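Depicted below, tariquidar in association with Broad substrate specificity ATP-binding cassette transporter ABCG2.
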There are 2 protein chains.
Amino acid sequence: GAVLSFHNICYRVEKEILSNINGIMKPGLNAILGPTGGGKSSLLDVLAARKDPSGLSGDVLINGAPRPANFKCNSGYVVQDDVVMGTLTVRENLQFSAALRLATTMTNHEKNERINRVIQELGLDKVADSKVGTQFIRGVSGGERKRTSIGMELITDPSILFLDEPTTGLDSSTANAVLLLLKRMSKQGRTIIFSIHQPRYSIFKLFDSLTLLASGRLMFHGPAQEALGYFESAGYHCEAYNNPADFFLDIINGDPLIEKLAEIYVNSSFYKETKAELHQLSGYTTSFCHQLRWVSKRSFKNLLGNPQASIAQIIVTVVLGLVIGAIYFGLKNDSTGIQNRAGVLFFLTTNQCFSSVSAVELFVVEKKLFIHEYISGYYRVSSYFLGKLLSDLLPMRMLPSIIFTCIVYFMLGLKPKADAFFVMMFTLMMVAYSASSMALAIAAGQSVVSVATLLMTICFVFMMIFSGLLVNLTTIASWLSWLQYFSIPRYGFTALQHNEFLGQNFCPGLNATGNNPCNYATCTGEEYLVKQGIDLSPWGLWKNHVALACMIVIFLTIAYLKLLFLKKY
Amino acid sequence: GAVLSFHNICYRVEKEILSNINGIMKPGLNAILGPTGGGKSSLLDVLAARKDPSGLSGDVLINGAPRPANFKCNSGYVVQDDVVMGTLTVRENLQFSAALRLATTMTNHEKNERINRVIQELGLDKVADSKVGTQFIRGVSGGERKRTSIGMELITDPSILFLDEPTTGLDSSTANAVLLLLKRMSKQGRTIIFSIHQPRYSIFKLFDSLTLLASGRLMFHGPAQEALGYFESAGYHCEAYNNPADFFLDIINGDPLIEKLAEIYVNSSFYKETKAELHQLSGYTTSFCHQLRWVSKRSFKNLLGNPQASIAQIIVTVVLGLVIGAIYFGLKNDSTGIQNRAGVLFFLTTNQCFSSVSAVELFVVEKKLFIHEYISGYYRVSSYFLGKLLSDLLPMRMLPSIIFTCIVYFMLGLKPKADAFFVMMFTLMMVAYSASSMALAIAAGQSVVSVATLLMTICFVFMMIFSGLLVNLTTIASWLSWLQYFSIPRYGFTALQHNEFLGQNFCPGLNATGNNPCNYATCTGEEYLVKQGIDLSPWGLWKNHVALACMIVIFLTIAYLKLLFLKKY
Ligand SMILES: COc1cc2c(cc1OC)CN(CCc1ccc(NC(=O)c3cc(OC)c(OC)cc3NC(=O)c3cnc4ccccc4c3)cc1)CC2
Ligand SMILES: Nc1ncnc2c1ncn2[C@@H]1O[C@H](COP(=O)(O)OP(=O)(O)OP(=O)(O)O)[C@@H](O)[C@H]1O
Ligand SMILES: Nc1ncnc2c1ncn2[C@@H]1O[C@H](COP(=O)(O)OP(=O)(O)OP(=O)(O)O)[C@@H](O)[C@H]1O
Ligand SMILES: CC(C)CCC[C@@H](C)[C@H]1CC[C@H]2[C@@H]3CC=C4C[C@@H](O)CC[C@]4(C)[C@H]3CC[C@]12C
Ligand SMILES: CC(C)CCC[C@@H](C)[C@H]1CC[C@H]2[C@@H]3CC=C4C[C@@H](O)CC[C@]4(C)[C@H]3CC[C@]12C
């Protein structure tokens with residue numbers, strides 16, 4: 001089997017969370033234990049290479065050789081809080097893990113067989129076709145979600161398996177079942193390493209090695225059955241009916257003292273034996289397209305499975321379209337035509353911009369999962385980015401524009417030509433994409449959403465002021481005019497105006513015989529446009545669209561760089 | 001001491017969470033134990049009268065007499081999740097509790113002495129002058145927050161003290177310290193009643209009575225020390241090094257069975273003895289002004305202590321004011337004057353309306369605390385409502401209007417008279433108050449905020465469309481025009497227009513010699529107003545303000561009725 005032998009570890013983050021730690025984790029159900037403040041999860045990550053190598057200051061050595069570069073890929077790790085996708089079926093999650101982790105050369109049949117074997121081992125065949133739990137509804141119980149995570153890691157038939165708090169939040173019976181399962185797995189020769197919180201003695205009866213850590217020091221390392229003898233030799237005695245694990249924790253808590261216990265251990269025989277043994281010992285798979293395909297499939301399944309956001313979006317869009325069609329129904333080429341036309345176009349543009357502050361949740365929600373799967377070697381960050389965009393951002397931002405136009409354009413009696421119709425659709429879509437892209441660039445690489453939302457709203461108000469309606473941009477001062485070139489709504493609104501007002505007459509019965517509209521009348525659309533600053537040449541419309549495209553590219557690239565320079569360790 | 005003797009309890013919510021429960025809770029450290037699904041907190045609330053009496057179907061009797069009407073006031077209850085105010089100092093929270101609970105007749109000196117005694121008993125004198133923990137920063141540790149809650153309840157020197165999960169989320173040492181404190185309190189003759197989750201044997205060694213509940217049935221009731229003997233007599237045996245509490249939970253879990261255990265208990269000697277004993281036994285302070293003063297003081301201290309919301313509000317308001325002053329600087333009486341003036345007024349109005357969707361959090365956040373203190377008899381709901389409004393809603397909604405006007409009115413070159421200036425200020429304030437009041441009426445009596453926020457935004461968009469700028473209300477159809485009378489921004493915007501445009505000329509160099517402005521020019525403000533539907537008489541402005549006031553009153557009354565008919569039990 002595998003023999004993971006740490007030695008003289010010291011990790012500096014210059015607070016030193018772990019001071020001096022040596023041991024050997026032979027095959028079996030090895031364990032790590034101690035108070036919450038003690039560096040147990042930290043040590044676990046150190047052994048699994050999930051922590052920045054800079055602070056590390058010791059020699060980790062497996063089976064007599066230094067850790068291979070591909071270690072994380074050939075050794076599983078199970079996070080504390082399950083990251084499985086509730087909106088998917090158990091077998092679907094295992095299938096995703098199998099498809100990306102296992103080699104491409106293998107056939108789909110072999111991978112399906114392996115998945116069946118794993119489900120059989122973990123006893124999940126009952127729920128192999130059930131939802132894993134949206135947490136709005138729970139297709140499976142907590143224990144089965146945990147077993148599913150363990151299965152995802154087990155797909156590649158790992159030799160070394162790390163776990164963090166495998167029994168936390170579970171009921172006593174569920175925890176016992178999980179740990180008995182781990183004991184069965186270890187009997188096969190698989191080295192299991194894990195951390196726990198105040199285990200029961202039925203659980204503690206099953207261990208093969210113990211590692212007790214407090215304030216970053218090694219109180220004990222050796223066979224669990226003999227830990228009680230060691231402490232009793234130290235003088236501390238355990239009354240019956242008291243769980244020995246709690247007894248160790250009491251001894252640590254003093255119910256300073258901790259350094260005294262460390263000194264005792266260094267004087268111990270176990271330490272000498274372990275040190276002698278240590279000195280004796282010292283003596284991507286897949287292509288880009290495949291990753292993109294699979295992550296996009298998973299994202300779309302989640303998108304469908306969670307109907308709240310999508311369905312609410314479509315319904316609100318339709319209702320707004322119908323209401324606006326009723327209110328602005330039958331626009332007239334009279335004194336009030338200009339007001340209503342500009343108003344509706346402004347409203348549509350702002351609705352597209354302000355309805356995209358819900359894109360912050362795209363990457364904020366799935367930060368932990370992305371980090372875990374990137375470290376574990378599932379996929380690159382490029383494939384995650386493009387697949388997630390192509391599955392979530394593209395369709396649900398393209399739809400509202402189509403709904404709005406199809407509903408309003410004919411109820412409102414806007415221009416009857418088709419070239420104008422599709423320009424309206426394209427312009428609204430580009431506004432939505434650019435706004436959502438900006439939201440991504442602002443929200444990417446963040447775990448808190450509120451700050452991002454506030455920032456987006458503030459930015460959008462300051463953009464809205466510089467839209468043509470409220471301010472008459474020709475009037476703004478020169479030292480402030482240049483900010484108008486940073487506004488998405490300005491480009492969209494200007495394009496829509498240039499599409500609609502051109503070739504419209506708003507002075508009925510002028511008769512042009514006196515030929516005097518007083519020069520204060522705004523009797524034509526061209527005149528209104530030039531008075532608002534717009535350009536009547538065909539270049540104006542297309543330059544607005546061009547600017548929107550450039551903003552899209554800029555913001556998406558920023559988001560990618562923010563993900564690629566995120567702290568993943 | 002006190003002797004709380006329940007008997008033949010049965011509670012129906014017609015799922016019957018509690019089936020049949022009898023016992024006697026003599027003075028000391030009585031306890032309630034069992035699985036999470038078991039009705040332990042439910043039984044606790046039943047005994048403390050925190051549950052609707054309708055479902056209850058048994059006789060609760062204290063010291064031989066039925067529960068007095070003023071029981072909740074003379075018996076403390078400690079909620080699971082601490083409700084203390086982080087933004088206050090420990091002694092301040094205890095002072096608030098002392099001021100409202102203790103009688104008015106007492107002097108302040110006596111109440112201060114009592115507070116000092118309580119702090120001395122609980123050993124909080126060290127942190128008597130420290131912040132209780134915003135959870136952005138923690139002035140005190142979790143154990144001290146818990147001790148503070150217990151002190152708030154202890155102020156009135158209660159005879160009967162109920163607790164719920166006093167050790168959940170605490171560390172082992174902290175939990176032991178808390179329970180040892182409770183043991184010290186009980187040694188003085190105070191009946192303590194509480195519920196716990198998987199206690200340690202060091203804790204379990206301290207009890208005086210035990211009540212084991214599973215699936216709403218009484219597995220055991222008697223001395224804790226003898227529970228192990230009872231179960232061993234039943235046949236189930238406990239291996240050493242196993243916590244007896246976990247042993248009982250295992251027996252319940254089967255590691256149906258539960259009904260079998262209930263049958264055993266009914267056959268037991270303890271049940272017969274308890275039944276015989278039971279049959280033998282059966283054989284506002286303060287004035288309104290005081291409550292208002294104290295709750296308002298606490299609310300203002302919290303408002304100051306948490307600077308995020310307030311300071312961000314002021315800063316954003318100032319920045320917007322300066323930006324708008326720069327952009328619209330020097331309004332001119334030319335063709336573009338009308339556009340810019342209407343735009344800025346519309347923007348200010350909408351900013352006041354849309355910045356008030358942050359008032360939903362006023363009562364949403366503090367629902368649990370309000371319910372707890374109302375049941376416990378601290379204050380009426382009227383005083384809470386008025387004090388909370390008078391402390392939070394009034395000043396922070398009045399300030400932005402003043403900032404906006406003082407900043408913009410002179411940079412923009414609006415009307416130079418003062419009567420107009422103060423009308424602008426008053427109108428903006430009333431808009432803010434009415435909008436916040438509507439948000440309260442929508443959010444009061446809710447624990448989820450997101451739905452309220454979405455509703456508020458939707459309402460405000462539909463209000464905005466019917467503002468005069470985008471739609472030319474004179475044009476809307478008759479069967480839809482009547483909705484314009486439900487819009488706050490319409491009233492505010494109309495009032496501002498009527499204040500500004502009156503007596504303004506927007507056609508420079510007309511010379512009035514030809515006297516022909518083409519009738520399409522809008523050469524005067526009065527003409528613009530009449531074309532938009534407004535009335536030039538003085539009544540229009542004041543009727544808009546009147547409507548806003550009526551909306552304020554309506555919505556506030558609705559909020560009060562929603563709080564007064566909330567489910568507090
Ligand atoms: C610290 O400082 C501040 C903090 C906060 C606020 C204000 C502050 O300081 C002031 C107010 N927060 C409100 C959060 C929020 C989010 C989304 C919306 N929903 C739309 O905004 C909208 C949606 C449309 O369709 C869905 C639409 O279609 C036409 C037009 C829309 N909005 C406008 O037109 C408009 C105009 N002015 C505004 C001024 C301030 C805030 C929002 C404004 C919105 C509204 C409010 C919360 C925190
Ligand atoms: N990246 C980091 N930066 C600063 N301090 C850290 C970092 N990682 C760990 N620490 C410190 O190391 C100590 C050990 O924390 P540890 O990881 O053991 O938490 P834990 O509660 O034991 O984990 P678990 O959630 O499994 O119980 C903590 O006091 C923590 O402040
Ligand atoms: N108001 C209510 N309406 C419907 N069911 C209720 C209500 N109150 C309690 N119950 C039911 O009673 C059962 C007992 O819940 P209980 O109050 O014991 O929760 P608990 O987890 O034991 O409390 P704690 O948070 O202290 O652990 C639950 O199954 C719950 O569904
Ligand atoms: C880092 C962030 C702010 C990106 C900001 C990029 C903005 C300011 C840039 C991106 C592309 C740019 C546009 C590219 C093309 C043209 C056509 C030209 O004849 C007028 C300016 C105009 C319309 C530019 C305005 C400024 C612009 C929109
Ligand atoms: C229950 C909720 C919706 C409260 C809604 C109340 C609204 C619709 C009511 C409250 C007071 C009312 C106003 C009372 C007085 C006047 C003066 C009158 O010459 C024109 C109508 C006008 C301006 C009313 C319009 C409708 C109004 C604003």
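Convention: sequence-line order gives letters A, B, ...; per-chain numbering from 1. Every number for a ligand or one of its atoms is a count from 1 in the order of the listing.
Tariquidar, all copies counted: located at ligand 1. For tariquidar, the other chains with a heavy atom below 4.0 Å are labelled A, B.
For chain B, the UniProt transmembrane segments from the N terminus with any heavy atom under 4.0 Å from tariquidar are 1, 2, 5. Per UniProt, most contacting residues of chain B around tariquidar lie in the domain ABC transmembrane type-2.
Other ligands and ions closer than 4.0 Å to tariquidar, given by number and name, do not occur. The organism that the PDB names for chain B is Homo sapiens. The site surrounding tariquidar, defined by heavy atoms under 4.0 Å, contains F347(A), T350(A), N351(A), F354(A), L454(A), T457(A), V461(A), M464(A), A312(B), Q313(B), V316(B), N351(B), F354(B), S355(B), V357(B), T457(B), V461(B), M464(B).
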